[PDB]
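Lettering: A, B, C, ... assigned in the same order as the sequence lines. Numbers in chain A track the PDB entry; the residues on display, in order, are 1-302. Chain B uses the PDB entry numbers throughout; the residues present, in order, are 1-302. This entry, so its header tells us, was determined using X-ray crystallography, 2.2 Å. In each ligand, atom 1 is the first atom listed, and ligand 1 is the first ligand listed.
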2 protein chains.
Amino acid sequence: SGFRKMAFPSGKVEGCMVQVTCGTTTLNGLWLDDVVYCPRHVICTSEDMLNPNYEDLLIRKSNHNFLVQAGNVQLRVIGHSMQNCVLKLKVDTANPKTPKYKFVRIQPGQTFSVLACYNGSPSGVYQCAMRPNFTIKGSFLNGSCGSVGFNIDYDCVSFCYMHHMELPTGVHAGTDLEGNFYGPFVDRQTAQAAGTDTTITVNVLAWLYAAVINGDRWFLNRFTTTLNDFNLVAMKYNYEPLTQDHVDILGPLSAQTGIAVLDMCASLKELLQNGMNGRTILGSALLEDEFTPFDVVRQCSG
Amino acid sequence: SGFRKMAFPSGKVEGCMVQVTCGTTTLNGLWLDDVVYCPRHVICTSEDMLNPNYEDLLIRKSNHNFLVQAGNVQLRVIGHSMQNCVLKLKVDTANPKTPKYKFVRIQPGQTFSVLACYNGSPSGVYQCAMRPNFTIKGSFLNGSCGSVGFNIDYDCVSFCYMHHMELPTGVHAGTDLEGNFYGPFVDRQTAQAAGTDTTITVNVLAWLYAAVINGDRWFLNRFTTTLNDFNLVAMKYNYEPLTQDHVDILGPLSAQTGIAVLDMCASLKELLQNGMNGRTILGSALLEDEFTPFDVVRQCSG
Ligand SMILES: *[C@H](O)[C@H](C[C@@H]1CCNC1=O)NC(=O)[C@H](CC(C)C)NC(=O)OCc1ccccc1
Ligand SMILES: *[C@H](O)[C@H](C[C@@H]1CCNC1=O)NC(=O)[C@H](CC(C)C)NC(=O)OCc1ccccc1
Ligand SMILES: [Cl-]
Ligand SMILES: [Cl-]
Ligand SMILES: [Cl-]
Ligand SMILES: [Cl-]
Ligand SMILES: [Cl-]
Ligand SMILES: [Cl-]
Ligand SMILES: [Mg+2]
Ligand SMILES: [Mg+2]
């Protein structure tokens, strides 16, 4: 038993991380088959950061302007192109360590593992959720751009995030592997601000089921509620309304514990209204909304 | 910027995990050079779990009683021996994926990455601290035994934990790679109970410095205190006394922020006495003691 924020083993992704240099600018890239993906701000000139012309800047560059480093070995760049906010660098050598992989765009509330990297070498791995305001709360310094977020099913890697930038509030923004930003942000240093965020109601319920499964049950009541009744409380405490599909994906967790989704909603309701009586749930003194229903089934069934 | 519980990339350890079967009993092993380490309770007969004679049980077993599986490939067992609570299985084939590695015994308060495994295949990675009561708060089910805890420096893996058992309170116990238990526990199903735990004062201070470095500073006061004054408060709130060596290893963090160790102690003091005013520090509503001084320097300096 026990419940901890848990990342996926990063080995299959570590064997795809390379370093990308264009000029003075260095960051990470993702070497899959004969191609290396990295953020397109790797070609920005120092003062042309406020509003860079990426089309103009990219046609200026040869294959020779891009150094692609994979240890103490230089991969050969034989083509430079752009898709949305990601460069693609064709190389003559395919990645012998290439795994079965898809590219996927995830939804707010959904989690992925981040492999934080600097100068091409993996540094640490941690779990993130895409917030409703389309940012993540990660940990990222200068050199971290090109770090990816991913999920693993069987032997297939689902890559869903590439790191680009830090917003004033200390939160992070990036795109999918097609180079499209999550949220309303752009890859220029123009003033941008994370919108107002909300609590991922379905994920809080999932985590309360994780509690019950691990014997943390002090907060369970036997009060009735309804979807409409619960949503009136949700809205008041800055929680997303619970939808019927949200109810449906908590079906597994409801089946295993014998506690109807709406019984757990009446428990979450009393927690919102009365607080936690200076107690913890799974060692947290607040309600955790960064674990999906899937995350709980996966970790409470190995 | 940003601060998250962060594990080490698990790739170098993933390439050492194998499956070990003796009879009906299966669990993980650690294939380094020509040897496979696993917990010695892998040879326990079903009813001989209360007080197993491990010396008697092990001499009963051939090399042929131990199936060692590394994918869809069976490694050849050419010798069975025991060191404390770990079996060692000699194999004819050395691990081609073997990395530069030490075995180390860590101290209470110190952190490591866990690679949770089932039937030899890595499942997830997370960060743990050895508690003062010599348990860890991990996440572990049937089949997880043989999962290891590790640290990485340069290209060298420091393996410091192997998983053995779950205590009644939902907390976990294991040994070092020499097979010696952390804490007063034994690898038999006799009644054992985690002692009383305490808060790792040096790690809370480290994490408060992590806060200040990431701009979370509402809790900083300008009150004076002394080591003796602080320890009187520490003792009252079930914190370990701060020692001069604890003061010394916070030197890096004190240098970088301009805040003397004892100034931060006066801040931790007021937090203990007055609480957190329903606020968070780095997104936690309680004081986190699972990050070492080293963990903070490493993550706030990439
Ligand atoms: C990529 O390595 C780098 C990582 C950032 C900086 C430190 N922590 C991170 O996550 N990305 C950037 O530095 C980014 C570059 C632009 C070309 C996108 N700039 C940035 O993060 O700050 C931009 C900003 C300025 C003013 C308001 C809003 C955003
Ligand atoms: C190894 O795979 C297994 C994993 C445990 C069980 C579920 N979660 C875990 O972490 N280890 C054991 O099952 C262990 C076996 C003994 C031979 C050490 N037994 C156990 O964990 O419970 C023992 C116990 C009983 C009564 C009081 C105190 C401890
Ligand atoms: Cl694809
Ligand atoms: Cl590392
Ligand atoms: Cl994590
Ligand atoms: Cl050694
Ligand atoms: Cl996996
Ligand atoms: Cl973690
Ligand atoms: Mg183009
Ligand atoms: Mg022996």
inquiry  = Hey, which chain has the most contacts with ligand 1 here? Just the name UniProt gives it.
reply    = 3C-like proteinase nsp5
ask   = Which drug molecule is found at ligand 1 in this structure?
value = GC376 (bound form)
ask   = Which other chains are heavy-atom neighbours of GC376 (bound form, ligand 1) at a cut-off of 4.0 Å?
value = A
ask   = Which residues and nucleotides from other chains come within 4.0 Å of GC376 (bound form, ligand 1), counting heavy atoms only?
value = A/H41, A/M49, A/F140, A/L141, A/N142, A/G143, A/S144, A/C145, A/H163, A/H164, A/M165, A/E166, A/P168, A/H172, A/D187, A/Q189, A/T190, A/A191, A/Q192
query = Among protein heavy atoms, which sits nearest to atom 3 (C) of GC376 (bound form, ligand 1), and what does the distance come to when rounded to 0.1 Å?
reply = A/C145 SG, 2.6 Å
inquiry  = I'm curious which UniProt active-site residue in chain A ends up closest to GC376 (bound form, ligand 1) - mind giving me the heavy-atom distance too, rounded to 1 Å?
reply    = A/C145, 2 Å
ask   = Counting from 1, what GC376 (bound form, ligand 1) atoms have a heavy atom of A/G143 closer than 4.0 Å?
value = 2 (O)
request  = Compute the shortest N/O to N/O distance between A/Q189 and GC376 (bound form, ligand 1) and return yes if it is under 3.5 Å, no if not.
outcome  = yes
task = Tell me the residue and atom bonded to GC376 (bound form, ligand 1) through a covalent linkage, or none.
result = A/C145 SG
request  = Would you mind checking which non-hydrogen protein atom is closest to atom 5 (C) of GC376 (bound form, ligand 1), with the distance to 0.1 Å?
outcome  = A/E166 N, 4.2 Å
task = Find all atoms of GC376 (bound form, ligand 1) within a distance of less than 4.0 Å from any non-hydrogen atom belonging to A/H163, and give their numbers and elements.
result = 9 (C), 10 (O)
query = Do any nitrogen or oxygen atoms of A/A191 lie less than 3.5 angstrom from nitrogen or oxygen atoms of GC376 (bound form, ligand 1)?
reply = no
ask   = In which UniProt domain of chain A do most residues touching GC376 (bound form, ligand 1) lie?
value = Peptidase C30
request  = Find all atoms of GC376 (bound form, ligand 1) within a distance of less than 4.0 Å from any non-hydrogen atom belonging to A/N142, and give their numbers and elements.
outcome  = 7 (C)
ask   = What about A/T190: any of its N or O atoms under 3.5 Å from an N or O on GC376 (bound form, ligand 1)?
value = no
request  = Measure from atom 13 (O) of GC376 (bound form, ligand 1) to the protein's non-hydrogen atoms and state whether any distance is below 4.0 Å.
outcome  = no
